[PDB]
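Each remark here refers to the structure printed beneath this line.
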Amino acid sequence: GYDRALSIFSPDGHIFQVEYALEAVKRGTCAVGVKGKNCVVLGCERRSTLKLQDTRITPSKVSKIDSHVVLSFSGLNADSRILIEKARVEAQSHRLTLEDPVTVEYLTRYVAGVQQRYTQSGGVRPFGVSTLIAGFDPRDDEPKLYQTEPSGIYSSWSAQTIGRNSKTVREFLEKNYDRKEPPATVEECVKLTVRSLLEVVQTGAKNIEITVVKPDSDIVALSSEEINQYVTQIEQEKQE
Amino acid sequence: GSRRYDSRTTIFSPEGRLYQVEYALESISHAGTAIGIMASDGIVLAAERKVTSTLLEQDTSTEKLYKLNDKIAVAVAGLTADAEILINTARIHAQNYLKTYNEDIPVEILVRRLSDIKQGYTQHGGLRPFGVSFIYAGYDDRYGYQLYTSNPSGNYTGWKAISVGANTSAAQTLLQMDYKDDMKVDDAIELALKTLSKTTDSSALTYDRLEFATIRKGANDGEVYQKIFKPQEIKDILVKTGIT
Amino acid sequence: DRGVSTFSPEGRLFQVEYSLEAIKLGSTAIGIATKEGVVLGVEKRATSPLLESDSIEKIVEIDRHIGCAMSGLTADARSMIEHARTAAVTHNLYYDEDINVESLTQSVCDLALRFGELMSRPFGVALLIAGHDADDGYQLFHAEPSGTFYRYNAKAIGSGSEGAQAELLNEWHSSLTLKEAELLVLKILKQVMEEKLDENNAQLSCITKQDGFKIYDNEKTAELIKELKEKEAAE
Amino acid sequence: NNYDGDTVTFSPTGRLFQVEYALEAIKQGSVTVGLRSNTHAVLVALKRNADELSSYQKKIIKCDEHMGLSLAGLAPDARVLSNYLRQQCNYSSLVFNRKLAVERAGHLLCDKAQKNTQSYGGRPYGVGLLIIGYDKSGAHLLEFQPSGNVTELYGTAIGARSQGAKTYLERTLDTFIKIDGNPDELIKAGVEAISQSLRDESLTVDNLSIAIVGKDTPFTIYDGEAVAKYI
Amino acid sequence: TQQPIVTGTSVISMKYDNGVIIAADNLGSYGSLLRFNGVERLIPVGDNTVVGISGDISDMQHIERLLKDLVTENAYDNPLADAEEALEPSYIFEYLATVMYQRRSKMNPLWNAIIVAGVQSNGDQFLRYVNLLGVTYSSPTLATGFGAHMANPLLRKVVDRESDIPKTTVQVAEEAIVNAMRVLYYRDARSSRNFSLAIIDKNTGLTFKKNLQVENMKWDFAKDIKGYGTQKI
Amino acid sequence: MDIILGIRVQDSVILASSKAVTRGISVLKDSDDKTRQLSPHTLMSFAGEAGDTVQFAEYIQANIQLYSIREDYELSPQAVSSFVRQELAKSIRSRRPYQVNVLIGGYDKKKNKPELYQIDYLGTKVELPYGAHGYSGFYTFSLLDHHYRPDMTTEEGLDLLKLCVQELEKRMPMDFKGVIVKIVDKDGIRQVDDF
Amino acid sequence: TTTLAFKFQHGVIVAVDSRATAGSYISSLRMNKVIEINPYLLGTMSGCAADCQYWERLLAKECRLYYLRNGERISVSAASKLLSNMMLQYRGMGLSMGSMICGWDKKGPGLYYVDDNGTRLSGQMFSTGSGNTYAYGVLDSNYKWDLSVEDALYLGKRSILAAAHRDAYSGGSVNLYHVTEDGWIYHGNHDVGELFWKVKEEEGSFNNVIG
Amino acid sequence: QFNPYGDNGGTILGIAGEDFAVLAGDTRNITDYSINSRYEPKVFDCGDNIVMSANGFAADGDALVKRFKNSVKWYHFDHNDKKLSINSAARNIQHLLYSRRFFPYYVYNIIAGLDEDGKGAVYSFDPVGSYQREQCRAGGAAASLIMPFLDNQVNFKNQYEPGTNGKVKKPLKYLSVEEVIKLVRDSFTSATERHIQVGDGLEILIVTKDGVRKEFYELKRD
Amino acid sequence: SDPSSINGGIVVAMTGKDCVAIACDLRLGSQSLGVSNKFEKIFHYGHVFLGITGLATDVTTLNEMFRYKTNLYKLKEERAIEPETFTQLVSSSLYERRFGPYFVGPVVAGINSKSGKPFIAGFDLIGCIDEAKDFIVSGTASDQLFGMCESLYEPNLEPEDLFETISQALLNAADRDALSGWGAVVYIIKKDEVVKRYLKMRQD
Ligand SMILES: *[B]([O])([O])[C]([C][C]([C])[C])[N]C(=O)[C]([C]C1=[C][C]=[C][C]=[C]1)[N]C(=O)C1=[C]N=[C][C]=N1
Ligand SMILES: [Mg+2]
Ligand SMILES: [Mg+2]
């Protein structure tokens with residue numbers, strides 16, 4: 001078999017293949033995650049260079065791993081399918097062997113472990129993908145939001161963004177998001193998520209996707225018109 | 001040892017691109033243009049054969065349009081030999097699904113499976129990727145008529161109208177201009193041929209330089225029919241639309 | 001290119017030496033061993049204020065009598081911890097007893113040089129393994145990706161290591177109490193850290209014979225930080 | 001230069017640079033001395049510390065009741081090779097009810113190290129070993145190099161500044177060989193030999209490591225206050 | 001799993017003051033057919049060990065080759081192959097015992113019963129038994145098959161316990177062995193008159209006697225035996 | 001285990017399964033639910049060798065739940081039954097076959113029809129209006145052959161099911177400790193708590 | 001062998017005998033048929049002693065690893081399932097094990113029956129071994145959810161006694177356990193010989209026996 | 001058909017004192033109605049103040065002991081010459097036996113020594129690996145003959161105090177090494193009389209904090 | 001116990017003048033118990049017809065297998081498979097399981113689309129081809145079918161006459177078999193039209 005060590009250390013102590021995988025993430029479309037008091041919202045950019053697209057059948061950016069956990073990403077699209085598939089298999093495997101659904105922290109730890117394994121295994125390259133994993137643990141009303149990256153490190157976030165121009169939207173979130181008082185309702189949480197994407201997106205038409213996840217496996221994706229109403233209200237307040 | 005001669009086909013550039021995928025796409029940009037257009041009552045697949053000869057046996061020839069099953073077909077752009085490897089795998093996958101569930105495979109599931117195979121060659125194994133881009137035209141009872149494309153990266157997307165191969169930039173602009181949502185198959189046939197006629201590198205668009213196919217519910221009652229056009233039938237539709 | 005297991009003209013493995021450079025870029029971790037217990041402390045180093053700092057887990061339990069702190073590419077440590085926990089519990093299964101801290105450390109270090117063309121590269125993380133057993137008492141080990149491990153009375157690893165090690169050179173003596181060691185880790189962490197040390201961006205832990213391995217609460221550490229400030233202002 | 005990228009490549013003068021670079025790792029390692037009489041064989045090792053807070057790296061490893069070695073270079077490679085010896089000593093006992101001859105133990109180490117010098121992908125061992133033992137033909141001392149070369153000697157030394165101890169043993173050859181039935185005097189000669197390789201530092205209680213094997217003496221290692229007698 | 005085809009019967013042995021004696025007949029039986037009359041079942045290993053084998057002859061010939069190869073292998077890179085690092089009886093036995101137990105553990109045994117007789121470096125007598133099951137035991141007298149039932153009782157009258165060994169001479173021991181072989185010829189239906197005998201002494205070394213015969217047999221009384229009860233003529 | 005019955009009526013499928021679990025000569029449990037929900041509109045009851053039953057059922061459940069998440073779509077009862085049959089037909093020529101018989105009751109939301117499939121451990125699939133496994137059919141099929149109509153209501157299906165259970169309770173030598181009854185229709189799966 | 005376990009208002013009672021037999025020969029008078037997996041988990045043993053000891057001690061390894069990975073105690077439901085899955089790997093290979101996994105977790109008290117076939121059953125009350133029928137007789141007629149800790153301990157003790165008397169392969173002594181939310185509590189070793197005579201006099205039972 | 005198992009007879013006996021332990025066993029080795037050896041040692045000093053005897057099928061007994069002795073050697077190598085405690089040795093042996101769950105070592109095994117508090121300890125094993133600590137245990141051919149005697153004379157079973165008539169038991173007073181060795185010798189002398197596989201010789205190994213001592217006694221040779 | 005007679009069933013095929021006929025019963029049982037009266041044993045892949053008797057799980061499995069293989073054949077060859085070619089495919093497929101066979105008795109029937117020649121064939125469970133001119137029988141009442149076919153059959157029968165002959169052969173053979181019956185189907189096959197008829201028979 002092909003055993004060639006592709007991810008290796010350089011004289012200055014860097015693994016370039018892992019670092020170049022982060023550059024692939026930088027190229028990817030922007031993704032954002034914001035957790036409110038009783039919910040988590042996942043926002044995703046859709047680049048409008050591609051029109052004549054069939055939005056019914058085109059792979060959506062946010063993927064359900066189980067009925068209570070979702071996963072969005074930034075980077076190589078093809079790579080993300082492999083992580084999602086593995087995550088979905090592990091989710092059913094956990095239910096089968098332990099008789100409880102996975103915690104959001106466990107699922108994140110697994111996906112992060114897969115990414116890490118591909119940084120010190122022969123014949124393979126790292127995943128050019130960073131993920132945002134969100135949801136609610138079984139019989140728990142505390143929101144969960146985690147991030148992973150090609151190196152395999154993961155951590156929990158009150159709010160986080162990844163992908164192209166993520167530096168800008170993170171700047172916005174850092175000054176707008178208050179920890180002592182997070183978005184109390186679904187409206188406030190979605191509004192803040194749309195606002196953050198409007199710093200980067202371009203047009204607020206079909207370029208913004210929003211997915212709300214509430215406790216007890218209550219997951220819904222907002223439509224174009226519902227999002228468009230947020231876009232309208234934000235700019236009308238801005239004209240002042 | 002052997003390391004000396006390894007090109008390392010599955011690595012990132014400093015900019016975060018996959019070298020071999022990008023170069024495979026460069027190869028595909030020189031291949032004959034293939035166009036797919038989805039309508040409310042069917043799908044059209046049109047494709048241009050590359051600089052042919054008068055001594056080529058056209059009626060028994062197939063380089064662009066292939067049948068995966070009774071409901072799904074593909075248009076090819078790139079290395080034909082590479083495409084046939086993948087096509088036979090896709091045909092088997094469709095039959096595996098049918099044997100397991102006793103239902104015809106949903107279009108997206110087949111597309112995802114092929115796209116995952118392509119992805120694998122970019123991440124592990126040390127082999128060159130498949131220099132092929134597909135346009136999938138298919139039907140199932142969930143989403144109805146569907147158009148997809150896949151490329152050597154293993155990334156796939158859905159479309160109302162799309163082109164692959166040569167002059168896609170020019171072709172996509174022309175499709176974006178004249179396409180409408182309430183369009184029908186007969187209109188889509190005309191759009192596909194008109195687009196090829198303007199984007200072609202050849203002097204004139206003739207029947208012997210084309211492969212053509214439709215997927216219609218224009219089959220007797222609730223069912224779907226695949227029509228791979230014969231040379232004489234391509235010649236007739238060229239006269240009908242007013243190109244020759 | 002060149003082999004992964006290649007020797008340099010000086011007689012060192014290139015890849016092992018390069019992994020050591022990655023460890024120098026990691027966040028600081030300090031360990032101090034006393035006769036009342038071993039203290040482990042780390043710099044969390046959150047990249048952003050929105051990152052919930054309590055999710056940063058750079059101090060980890062291996063067994064009830066063994067703890068572990070890390071520095072460098074921390075993602076690499078997860079499989080090492082998994083092996084360590086398995087080794088510790090497996091020995092308890094085979095021998096109905098706790099495993100020696102040295103024997104545990106040796107088992108972890110056996111993974112280190114299992115790389116070639118097995119895993120494709122050495123680990124990019126160093127570990128401070130602290131624990132207690134009946135034979136050798138309270139112990140602190142430093143486990144490198146070279147497969148080598150040294151026992152230490154006190155040790156610092158990470159970006160502020162050589163500055164912290166010089167400070168540990170002067171401060172450590174064989175009669176240190178646990179409380180004195182706690183304040184000493186906090187003192188040296190505060191010295192080498194970029195940001196101002198508090199209960200949210202730094203973490204303490206210890207291992208004692210009675211209570212075993214314990215990670216300190218943020219409320220408990222906050223009091224030890226306040227106690228440190230007052231005793232430094234006292235002279 | 002162009003021929004040191006891997007172990008599978010000869011240079012134009014017929015040299016194997018990766019093996020030579022592995023040999024270099026031994027020279028960087030701390031000094032260790034070996035010597036024997038007709039009744040006993042002794043290992044003496046200068047242990048090295050990282051700093052004042054750190055412990056002193058162990059240099060001597062037991063392989064069987066009648067055999068063991070001291071190391072200089074990459075310690076993990078010594079662990080691998082000593083583990084192999086332990087297994088081979090143990091295979092000889094379990095299958096043949098026979099204590100493994102020291103000469104045969106050397107032949108096995110030679111052949112194990114050699115395979116790593118002729119194949120692609122692997123690397124040579126980065127450690128030198130001094131094996132002592134007492135078998136049916138009396139006391140023995142072996143020197144192992146990771147090139148594969150194993151040599152039976154009356155006495156020797158490897159590591160940094162080992163040339164000083166080796167010259168001393170070359171002068172003392174006729175004296176220490178005759179030290180029969182006196183373990184303490186044989187160790188003294190070893191401690192005096194390793195002293196010729198010291199600079200700046202001297203032999204302290206947690207610095208010195210000694211091992212001995214003989215006629216009615218199982219392989220035993222002395223550390224700590226057990227070697228204060230010889231300081 | 002197999003069945004033994006061509007077989008060898010009893011192997012008998014005993015310790016005496018300065019060494020050990022071992023003996024076995026020269027027959028290779030094929031069931032009830034006394035097929036092969038020139039089979040050597042005592043196999044010397046060096047000048048200090050004799051391995052006596054009973055049971056399947058094809059497996060015996062296999063063991064004979066293992067021992068021959070063992071000698072060859074011991075000489076490799078061994079300047080003391082004919083001195084301090086020569087093969088000992090205890091080494092040879094433990095090797096065989098390892099092989100026998102491994103083969104039984106794979107359910108494919110060597111269908112044999114083996115006695116290793118010899119003298120060690122320090123002059124100590126070695127006498128130990130091993131069989132197809134990997135079962136091992138040692139005793140002042142040892143015998144396989146029928147020998148266990150008929151020879152041991154006779155030999156144990158000479159050396160009943162460990163303290164009788166120094167009191168037993170080579171002349172007395174050989175006399176007992178030769179008598180035992182005669183008794184086995186009277187009573188074992190798979191035995192032959194021709195046999196081999198080997199003595200391993202710590203002073204005089206290995207003495208290997210071939211083409212021995214059972215002699216001084218009592219048959220004359222057979223003439224007086226008539227019928228099975230009442231018959232007089 | 002012992003008893004599993006199934007009946008497809010106008011607008012639903014009803015599955016009845018015994019509650020008993022026996023080990024040696026002792027009845028360990030009299031409230032055992034011999035069924036697993038494969039999807040919101042598909043229920044599978046099972047009976048066969050001890051251990052194998054639950055482990056097979058849960059393995060099928062996991063595969064269907066995985067499919068549902070991957071495609072964000074519920075498989076038709078026909079598709080599920082074919083998948084299950086293939087797994088059993090695969091199993092019968094294995095080193096150690098899974099000795100499990102199943103009934104799959106589902107409501108097809110596309111066709112708006114209830115569907116009942118009977119599959120034995122060999123992988124023998126049949127679509128039926130009513131079915132059973134083991135000896136259950138020997139006692140009950142004569143009643144079902146007589147009383148069954150395809151336009152029956154759910155309440156009429158339950159009454160005919162009660163009659164089948166009464167006949168079993170009279171003529172079977174074994175005490176199966178009653179049955180748990182579940183109904184599968186357009187609104188999903190629910191359990192009849194009083195039977 | 002007779003083992004039992006039942007849930008009640010104040011947790012779960014666990015009682016076992018201590019006899020081990022090799023044919024008709026009583027090999028052991030005092031065999032420990034309970035395993036302390038953790039301070040909140042117990043496991044009973046019936047069938048092959050070797051199988052019971054090995055696999056339940058291996059369960060304890062796997063339950064301990066769960067705590068280290070998750071920083072939280074394993075549930076009774078999850079522990080019982082790990083054990084049943086082990087049994088399913090050696091499916092038909094001839095293992096003989098009948099065990100009840102008893103404990104307290106976040107759902108409250110938990111009790112699962114698990115055997116060599118891979119069977120895994122949740123329930124309020126179970127009894128395994130050659131004398132389980134005798135134990136069930138006493139349990140079924142005297143069990144209530146509203147039992148006091150003192151009476152519940154006696155019921156389990158008295159139920160084992162009933163089996164030890166009649167079943168030839170049950171006896172020796174009674175080991176009692178009580179599982180609370182603060183962990184399991186050992187309630188001693190009780191010789192059946194002495195316990196029998198005591199119960200006879202105090203309770204008035206076993207009238208047919210002379211003493 | 002090939003039968004990989006056999007029966008070499010023999011009987012063993014372990015008794016745990018207050019600060020000592022004994023492991024005894026006869027020296028007779030047999031097959032069917034023949035004697036192989038009148039003196040074939042069966043109880044072994046395995047190191048670390050532990051004694052062991054695997055009774056039953058000799059070939060499996062010799063292999064197990066050999067492996068355990070090997071396990072002690074590697075325990076020293078791997079864990080810095082640490083002493084293997086009797087409880088740790090017992091658990092290790094369980095895993096050695098269960099490694100052949102589907103092709104067992106056909107032996108009843110006993111080990112004896114001192115626990116970590118200095119008190120006498122005996123552990124007993126079945127062929128598949130079930131083990132447990134005991135005060136008293138006879139194993140092998142004549143195990144059923146000896147155990148009842150030890151229940152009576154070591155644990156004072158069915159023995160009450162005169163005058164009380166069954167009300168008060170005989171108190172469980174500890175036994176000295178000299179008293180234990182008497183019970184061992186009388187056990188084997190009685191077993192020799194009524195069991196054909198028991199006889200020839202008796203070898204006893206006594207374990208104290210001072211070390212391992214041996215004692216040998218003749219038995220009837222018929 | 002005997003896999004070939006657990007579920008029961010029969011298949012018979014006949015040649016006529018420019019036509020073929022293939023018929024089967026509808027019973028599926030579990031030994032004595034009748035389970036289904038709608039278990040059809042005849043399948044078709046284009047214009048080639050395949051009847052399969054024996055173990056029902058293998059009947060279902062093989063149908064799904066030959067559907068799989070004929071669908072790929074058609075995609076590659078760009079034409080429907082012919083009876084002669086399909087017969088070889090059935091034989092190949094069965095013999096590849098020589099030492100772990102499908103417990104079946106297949107029967108092929110059809111008309112070559114090019115030559116127009118009627119074709120029938122029978123197989124044993126492991127692939128041996130019986131290419132008969134007159135008729136082929138299979139199932140638990142194969143002895144009964146042989147007796148009926150051998151007496152009732154005559155060559156060159158017209159489609160509507162052949163229907164009566166094969167129907168009466170099946171019906172009366174099934175009525176002397178406990179494991180066959182519970183309905184019956186007959187396929188009449190011509191070069192470009194196929195008629196399927198369900199027969200009325202006793203339901204015991
Ligand atoms: B009990 O009878 O189930 C008991 C439980 C075990 C944990 C000690 N088992 C045994 O007594 C078995 C025999 C048996 C008797 C009745 C039913 C089932 C099994 N004996 C052993 O497990 C055994 C093990 N080693 C030595 C002697 N006996
Ligand atoms: Mg006797
Ligand atoms: Mg009938």
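Proteins get letters first, then strands, A, B, ... in listed order; numbering begins at 1 in each. Counting convention: from 1, in listed order, for ligands and their atoms alike. Readers should note that the entry appears only in part, and the reported contacts come from within that part. Because only heavy atoms are used, hydrogens play no part in the values below, and waters and symmetry mates are left out as well, while side chains stay in.
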Please tell me which drug sits at ligand 1. bortezomib (bound form)
What is the name in UniProt of the chain with the largest share of contacts to bortezomib (bound form)? Proteasome subunit beta type-8
Note the other chains with a heavy atom under 4.0 Å from bortezomib (bound form), by letter. G, H
